[PDB]
Number of protein chains: 2
Amino acid sequence: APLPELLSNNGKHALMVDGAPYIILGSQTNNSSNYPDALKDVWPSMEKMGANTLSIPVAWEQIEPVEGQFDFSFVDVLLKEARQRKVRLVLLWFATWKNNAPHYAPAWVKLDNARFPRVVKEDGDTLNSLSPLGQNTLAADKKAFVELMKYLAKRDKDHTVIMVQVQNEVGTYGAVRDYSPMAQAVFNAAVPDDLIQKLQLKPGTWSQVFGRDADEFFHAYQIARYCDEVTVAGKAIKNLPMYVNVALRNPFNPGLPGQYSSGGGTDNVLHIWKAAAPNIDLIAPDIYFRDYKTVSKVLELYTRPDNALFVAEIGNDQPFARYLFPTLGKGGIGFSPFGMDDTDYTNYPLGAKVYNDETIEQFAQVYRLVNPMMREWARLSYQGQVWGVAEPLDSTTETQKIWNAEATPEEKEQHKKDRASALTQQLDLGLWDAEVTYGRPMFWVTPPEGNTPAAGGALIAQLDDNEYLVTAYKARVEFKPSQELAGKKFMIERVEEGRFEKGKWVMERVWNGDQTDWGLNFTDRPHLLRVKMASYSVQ
Amino acid sequence: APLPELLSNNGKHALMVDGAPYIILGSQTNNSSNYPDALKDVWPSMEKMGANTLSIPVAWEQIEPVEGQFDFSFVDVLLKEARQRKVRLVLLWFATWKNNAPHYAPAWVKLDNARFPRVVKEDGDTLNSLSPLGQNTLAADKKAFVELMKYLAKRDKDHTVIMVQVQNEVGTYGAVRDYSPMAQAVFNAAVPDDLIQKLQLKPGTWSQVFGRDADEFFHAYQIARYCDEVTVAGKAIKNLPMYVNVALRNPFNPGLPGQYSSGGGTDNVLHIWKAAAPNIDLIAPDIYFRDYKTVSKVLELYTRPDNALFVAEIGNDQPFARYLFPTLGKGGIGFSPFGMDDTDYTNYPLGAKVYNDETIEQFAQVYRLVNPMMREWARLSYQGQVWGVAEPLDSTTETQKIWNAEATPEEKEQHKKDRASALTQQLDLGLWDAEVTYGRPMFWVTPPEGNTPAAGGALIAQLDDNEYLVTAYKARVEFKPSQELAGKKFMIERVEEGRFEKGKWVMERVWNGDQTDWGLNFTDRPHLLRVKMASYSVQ
Ligand SMILES: OC[C@H]1NC[C@H](O)[C@@H](O)[C@H]1O
Ligand SMILES: OC[C@H]1NC[C@H](O)[C@@H](O)[C@H]1O
Ligand code: NA
């Protein structure tokens, strides 16, 4: 089988797996599930979820517990169990940084500051975050990572592991950069030529060329170089796609670097990361903002002609499930909810308060829409035109439920009109437009009021000028001409519900009558439709 | 087996099936269930309901997807599966009109307006409703319908299919008639002689003879002729009963034609339809009005010496179930709730908000009263005297629950009296009268307060001068002399609960004592009674 690879062309991207585009319908374990005994608490969630790919840590501490004495017993069990369950793997290399810190590095690393130095604050105090200028640290991380890749090269010939995450949420909390003498010497020196060339800047020292951004851009650059070197060394052994994941700053109201994780691939340093680390395939957002506007903004910032969108982590509470739709609609290669196992942990308030079948089912229900067409969607999402939307009002707050209750009948009617309008999305599909609305009956035209809780969305792919592939969830999708018809009329020509078998469309039934009079109405159950529109002459 | 046929005699009617009267205890699928793959979501509901007859579409688009290339693969599967389940079929020919529009006509029909022309408004705009004056449209519909009938002639010798509906809810929304030049020419001309003779009118042009009703009567007449020609051609192949179903106007407050579907068999044009389409066996109301008075009025309007009553569609929400009783009481030949399948659709607000076992059970419970005596009831309903009533107050409406709560103890007592009186119905059964009351204990005489929700009803057939067949549901039925007795007394002589086996009555037990002291009290469980009354001398 050909190696997995990330392709980028015409500003679009595909994760190739076994020689064709692939979508990661993912799940990630909790942080302490990377042991053989924990896997029995992982697989059942994955099965219930319908996930095709598991993201799970492989820790430097577990593979090199004593320097030079490697142990791949976990990776062995993991590969074998994944294959038995017919799922793929993304391994998360928890090493120099996990959430800014070295807790997953071996004891002989994290307890030897002299050999493996920490970031020093401007005031001289030390933080528990390893400096990217530590050359011994880099050499050691690199050597262990290379051994892991050698294990895969020798023992995973069919590429059960399809991607590797290098480190986990790199950066530093509590300072902007390393201010140690070692780091200060490099900061005071000239900005490297390659970076100056790539950003088309005037040469100089860090402070000269970057000014108020020098400290942060420096930390970002040095971390990016470190991760790039690890990535290169591993890829020289087996050239799997590799990526880094970002502890995000709020894109609207970030606060200061150091409050957020300074030096990671935050939106303001993506240009530094892309220049510094050309061997890292993509930079992936970790999404735990619950609210639609902020999530939408993150998706927009991380989807670029030079950056495939991969939602490497997202919260596992109910409101997050619907963000699958815009993720895929942006041409995303994957989506991976965090903490999908029964090892007695919840990261509430980030995720679900309780982990149970209902938690899982919120994601299972949206995965069921994509699984039946995964390869076909993946191809259209690289080579063609796709769209995806989610229900754009968050669930109504208690504060808003009180403001609603004390309103004035004229204010209530007006608020309902405003909500209806906000819950109506328009998409330009070329000759045809779609309108997506949320939370209304399947019959007649009473205006949308939203689902409770917010949960809906829709996917659309263009198959031809007048033909679209459509599936949606707790929503209505309606089609109309994109531009005025010169005395013509229009209608739905045909809607077929069906499936793909061996890449061929098989029709199950035609939607007509009630099922197409009031748009195309979807509940929680999966239906995949091919919709053919027609304008026709009446002259 | 003899062909099914609709008999009419002495102002009464019977649907003959296999040589004897038959009652359709029906169910109708949702509009997009007319495919082999959907049938697995249809049969279980039918079984749970206890229905004996399934109404399901056969679409022109599916049988003639390319002109001249016929495909009966769906009809084949459907016939075979129906027979395996030992049920009968009513096929619904979705063709030139389905709900006023051509969406179920093939693409080569509906997208070719030049060949198959649409209704043109008085202002020159075109509506998506095919004109009944289109001669190509008629020929093409007729040809396909004839092929369907040929399929049944050759492949359904035992008449699994017992009746065919020609079109579905014909007419036009948004205009009263076709105002195209083609139509305007026929409108300006003389009203056809046969119509002038049949309605005993003075000859003239449409506007002269009909005045303010000309536009609507013209559309009705032209549609009726079209449907009659299709019907005749099909019957020449196999002479099954055939009917049309009506998108009803509100009989008390109709609004204007075009707001309602103009040209269909609405109550104000039944005379036009009966004169124009003598080959169509009956005109069937589609009932979605929820309230007792309006439903009752519809049943009254559509039950005529020249029109067998068939409730071809009724809403599937709980309040509609009880209308089975007055339907059968009027000598109706059948009753068919709409949307009885699990294909992920509800026509709420017309039907039930959620489709589940409870939805089905509301109809199952009333069908269980009739199924055990279906052939016996059908014969009595043609040859004899039958009666049927439903609970005449709709379920109490929130607004009324508030008005009741803020009343004055004298106003509450008075309201309760008024309700009790409204919930008491009197029936003249010849020598004996019955009084039916709803929502009271099975013992003693506390006045009726109604069921919650409204749900009760009763069926009575006369077996002899003093003997009646009775079954009822969430109601009390009491008998008394119809005439003052000349110094005689009366009593129940005997009440037997039982069943029919090979057309013979088999007694299970005698109701007496508590069971007959306070009338005949019925809950949700089925009991079929023979009630013999007696007057006796005490002189
Ligand atoms: O549960 C919080 C979550 N935050 C993001 C990190 O990448 C994850 O490992 C985890 O710590
Ligand atoms: O669900 C509404 C119902 N209205 C009446 C039509 O005859 C049916 O086919 C269906 O459209
Ligand atoms: Na456009």
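Each chain gets a letter, A, B and so on, in the order the sequences are listed, and its residues count up from 1. Indexing begins at 1, ligand by ligand and atom by atom, following the structure's order. Only heavy atoms go into these numbers, but all of them, side chains included; no hydrogens, no water, no symmetry mates. The way this entry was determined, per its header, is X-ray crystallography, 1.8 Å. Only a part of the entry is shown; contacts are counted within it.
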(message) Let me know which of ERB-041, 1-deoxygalactonojirimycin, R-econazole, UK-453061 you see at ligand 2, thanks!
(response) 1-deoxygalactonojirimycin
(message) Could you give me the letters of the other chains with a heavy atom under 4.0 Å from 1-deoxygalactonojirimycin (ligand 2)? Thanks!
(response) A, B
(message) Help me out: which other ligands and ions are under 4.0 Å from 1-deoxygalactonojirimycin (ligand 2)?
(response) none
(request) Using a strict cut-off of 4.0 Å, indicate which atoms of 1-deoxygalactonojirimycin (ligand 2) neighbour a heavy atom of B/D286. (result) 7 (O)
(message) Just to confirm my output: which protein heavy-atom neighbour is closest to atom 11 (O) of 1-deoxygalactonojirimycin (ligand 2), and how far is it?
(response) A/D514 OD1, 2.6 Å
(message) Which residue and atom name correspond to the protein heavy atom nearest atom 7 (O) of 1-deoxygalactonojirimycin (ligand 2), and how close is it?
(response) B/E313 OE2, 2.7 Å
(message) Quick check: B/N168 and 1-deoxygalactonojirimycin (ligand 2), any N/O pair under 3.5 Å apart?
(response) yes
(request) Could you list which atoms of 1-deoxygalactonojirimycin (ligand 2) come closer than 4.0 Å to a heavy atom of B/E169? (result) 5 (C), 6 (C), 7 (O)
(message) Please list, in number order, the atoms of 1-deoxygalactonojirimycin (ligand 2) under 4.0 Å from a heavy atom of B/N347.
(response) 1 (O), 2 (C)
(request) Look at atom 3 (C) of 1-deoxygalactonojirimycin (ligand 2) and say which protein heavy atom is nearest, naming residue and atom and giving the distance to 0.1 Å. (result) B/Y288 OH, 3.6 Å
(request) Provide the residues lining 1-deoxygalactonojirimycin (ligand 2) within 4.0 Å, heavy atoms only. (result) A/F443, A/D514, B/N31, B/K98, B/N99, B/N168, B/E169, B/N245, B/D286, B/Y288, B/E313, B/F338, B/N347, B/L350
